[PDB]
Amino acid sequence: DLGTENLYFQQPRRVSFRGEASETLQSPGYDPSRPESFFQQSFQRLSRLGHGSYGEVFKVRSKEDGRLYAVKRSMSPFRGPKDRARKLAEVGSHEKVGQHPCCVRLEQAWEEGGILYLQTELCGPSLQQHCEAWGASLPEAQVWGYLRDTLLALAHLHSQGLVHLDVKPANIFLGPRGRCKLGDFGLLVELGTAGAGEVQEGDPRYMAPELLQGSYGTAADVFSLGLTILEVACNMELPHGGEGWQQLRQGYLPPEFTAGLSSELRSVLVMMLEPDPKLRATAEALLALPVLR
Ligand SMILES: CN1CCN(CCOc2cc(OC3CCOCC3)c3c(Nc4c(Cl)ccc5c4OCO5)ncnc3c2)CC1
C-alpha cells in the first residue's frame with residue numbers, strides 16, 4: 001500500500017483528521033525563527049512520566065494557558081511513510097473516540113522534525129501505579145467503580161465499532177474521587193476499516209485467547225479488562241505465557257490469589273473471562289447487571 005508508493009525519501013504542523021482553522025502552530029513563548037522546537041519553546045517540562053521504545057511521556061505546563069498536560073513524544077524521526085502512518089493513527093483513533101467522560105481527552109497533536117507529539121489532559125496515576133503505591137490488593141469498593149467506569153469507556157468505543165486491543169492497568173487512569181479514564185489508543189482498530197491483518201498485538205498478559213487465531217472483535221477488550229481487574233483486585237502478577245497463561249484462558253481462577261474475592265465480583269469476572277468470545281458478556285450487558293448500576 002504505502003510501501004509501494006512514491007512516498008519514499010522526502011516546521012511544525014498540526015496533526016488532525018478533523019482539520020481545525022489552520023495547521024500552523026502558535027503559542028506564547030514560541031517564535032518559529034528561533035531554532036528550538038515548538039515543544040521546547042511552548043511548554044515547561046516538569047517530569048518524565050514514562051519512557052520506552054516508543055519515546056517518552058512528559059508532565060508539562062503549557063505556556064498557552066498555564067495548565068498541566070501530558071505530552072508523549074516519539075523516540076526518533078519517522079522511519080518512513082508506514083511508520084509515520086502507524087504513529088499518526090493514534091491521533092485519528094483519539095479523534096474517533098472523541099469526548100467521553102471515561103476516555104482520555106486529546107488536546108492537540110503536531111509533528112516536527114519527524115517527531116510526533118501527542119498532548120492530552122494530565123490524568124491521575126494509572127491503576128498499575130495506584131496498585132504499586134497501595135502495595136496490596138485494592139479494596140473492592142474502589143474496584144467496582146474502576147470496573148464500571150472502564151466498562152462505560154468500552155461501551156462507548158464498541159458502539160462505534162472500535163476495539164482498543166491493549167486494555168491494561170497501565171492505561172486506566174484515576175481521577176477526582178475514584179473515577180477512571182481509559183487512554184493509550186495507539187493500538188485501537190476500527191473494525192472493517194483496518195482490513196487487517198496488519199494489527200499489532202497488545203500486552204500478552206491481558207490478550208484475549210481468540211486473538212491467537214486472529215479473531216478480532218470488541219469481545220477482546222472485555223477479556224482484557226477482566227484480567228486487568230483480576231490483577232488489581234487480587235494483587236496478582238499475570239503470566240506472559242506458559243501453563244498459567246493457558247489456565248487463565250480456560251476459565252480457571254487460581255485459589256491462591258482469588259479466594260478473597262466477593263462472590264459478586266468473582267461472578268462478574270467469570271462472565272468477562274469466558275474463553276469463547278461468542279459467549280462472553282458485552283460491555284453493555286455487564287453495565288445492565290444490578291451490581292453495576
Ligand atoms: C510522581 N508521580 C506523581 C503522580 N503522577 C500521576 C500521573 O501519572 C500519569 C502517567 C502517565 O503515563 C505513564 C503511565 C503508565 O504508562 C507510561 C506513562 C500519563 C499518561 N500517559 C500517556 C499514555 Cl499511557 C499514552 C499516550 C499519552 C500519554 O500522555 C500523553 O499521550 N497520560 C496522561 N496522564 C498520565 C499521568 C505520576 C508521577
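We're numbering straight along the sequence, starting at 1. Atoms within a ligand are numbered from 1 in the order they appear, just like the ligands themselves.
According to the PDB, the drug located at ligand 1 is saracatinib.
What binds saracatinib (ligand 1) most in this entry is, by the naming of the PDB entry, Membrane-associated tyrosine- and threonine-specific cdc2-inhibitory kinase. In this structure, atom 33 (C) of saracatinib (ligand 1) is in close contact with the protein, since a protein heavy atom lies within 4.0 Å of it. According to UniProt's ATP-binding annotation of chain A, the residues with a heavy atom under 4.0 Å from saracatinib (ligand 1) are as follows: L49, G50, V57, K72. Contact annotation for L49 and saracatinib (ligand 1): heavy atoms of both the backbone and the side chain come within less than 4.0 Å of the ligand.
The part of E90 lying near saracatinib (ligand 1) is the side chain, judged by heavy-atom distances below 4.0 Å. Across chain A, the UniProt domain dominating contacts with saracatinib (ligand 1) is Protein kinase. Closest UniProt active-site residue of chain A to saracatinib (ligand 1) (heavy-atom distance, 1 Å): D166, 9 Å.
Contact annotation: for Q129 versus saracatinib (ligand 1), heavy atoms closer than 4.0 Å belong to the side chain alone. The ligand atoms of saracatinib (ligand 1) that sit less than 4.0 angstrom from a heavy atom of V57 are 21 (N), 28 (C), 29 (O). Counting only non-hydrogen atoms, the residues of chain A annotated by UniProt as Mg(2+)-binding that lie closer than 4.0 Å to saracatinib (ligand 1) amount to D184.
The deposit names the source of chain A as Homo sapiens. Distance check for atom 4 (C) of saracatinib (ligand 1): every protein heavy atom is found at 4.0 Å or beyond. In terms of protein heavy-atom proximity, atom 7 (C) of saracatinib (ligand 1) is nearest to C123 O, 3.3 Å.
Counting heavy atoms under 4.0 Å, the binding site of saracatinib (ligand 1) comprises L49, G50, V57, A70, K72, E90, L118, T120, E121, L122, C123, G124, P125, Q129, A170, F173, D184.
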Are any protein N/O atoms closer than 3.5 Å to the N/O atoms of saracatinib (ligand 1)? If there are, list each pair with names and the distance to one decimal place.
unit_1, atom_1, unit_2, atom_2, d
saracatinib (ligand 1), 34 (N), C123, N, 3.1

